[PDB]
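Figure: desloratadine in its bound pose on Histamine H1 receptor.
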Amino acid sequence: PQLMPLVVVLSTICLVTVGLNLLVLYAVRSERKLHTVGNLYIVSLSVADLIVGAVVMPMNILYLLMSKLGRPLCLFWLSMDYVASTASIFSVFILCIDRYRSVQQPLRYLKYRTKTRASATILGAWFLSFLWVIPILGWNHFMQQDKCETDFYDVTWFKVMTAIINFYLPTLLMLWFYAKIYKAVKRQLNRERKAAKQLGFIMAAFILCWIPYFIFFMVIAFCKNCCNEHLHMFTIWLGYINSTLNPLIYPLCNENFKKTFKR
Ligand SMILES: Clc1ccc2c(c1)CCc1cccnc1C2=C1CCNCC1
């Protein structure tokens, strides 16, 4: 009776998130000058972003309006949320791989940046994401140990290991890549400058949005009586606000999106 208007606001977030994602997808599939050989990489993120919104928005809202469906639907919800997040933070990983390779002194380079390899690496990211999904459905039947939380919530060590891997290794390798990109930018004395700003703003938006979620998650990872239902919702939804913002963060630095966004 005192939290429903907030639920309505989070529901209103859905329309703009889905609209922005579909707008980016249509922009890529329309303009040849915008149909860049590398833009397809970021498209993966957008596609993942779109999935996120849908597969998370009503269901999680249906989690808030209701108090504490069945097993298959909620399990699929968790699995697809996990695959969407992993696919996003590996589309960004592929983007940083490609920026690192392309800005590294391109003498015997620029010949491994085609579109077939773009599709191949996107397919590989999707396949590895599904391989990460498989544990969500099959935590049981592999090991032998009303609400539907993560199935391995009672297992602290696996939780810590997966969080550590899927945050540190992407984010730390990404910071390495961004630092070397910035070093190359500084030594190479504007489109490259705006690409650097785009990568920097995407980095700032995750780090800032998913540092509270991860810090509180890792505090939970060793103690149970340390976070209620409140200090977690306000972090998950800042992260999803970040996912919504990324389609609008794209034109801020790479503003070639002018004509296609105002057709
Ligand atoms: Cl960068 C990032 C940030 C958060 C998460 C991931 C990736 C996926 C892996 C992962 C593993 C253990 C616990 N939580 C998660 C995350 C979730 C929970 C499900 N809903 C989406 C957010």
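Numbers here are sequence positions counted from 1. In listed order, ligands and their atoms are each counted from 1. Basis for what follows: all heavy atoms, side chains included, without hydrogens, waters or symmetry-related copies.
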Original post:
Under 4.0 Å from desloratadine (ligand 1), which transmembrane segments of chain A, in UniProt's order from the N terminus, have any heavy atom?
Top reply: 3, 5, 6, 7
Subject >> UniProt histamine binders in chain A under 4.0 Å from desloratadine (ligand 1), heavy atoms >> reply: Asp81, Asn166, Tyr213
Original post:
Which chain residue and atom does the covalent tether of desloratadine (ligand 1) reach, if any?
Top reply: none
Original post:
What makes up the binding site of desloratadine (ligand 1) if contacts are defined by heavy atoms under 4.0 Å?
Top reply: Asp81, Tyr82, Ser85, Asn166, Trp210, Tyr213, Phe214, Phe217, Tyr240
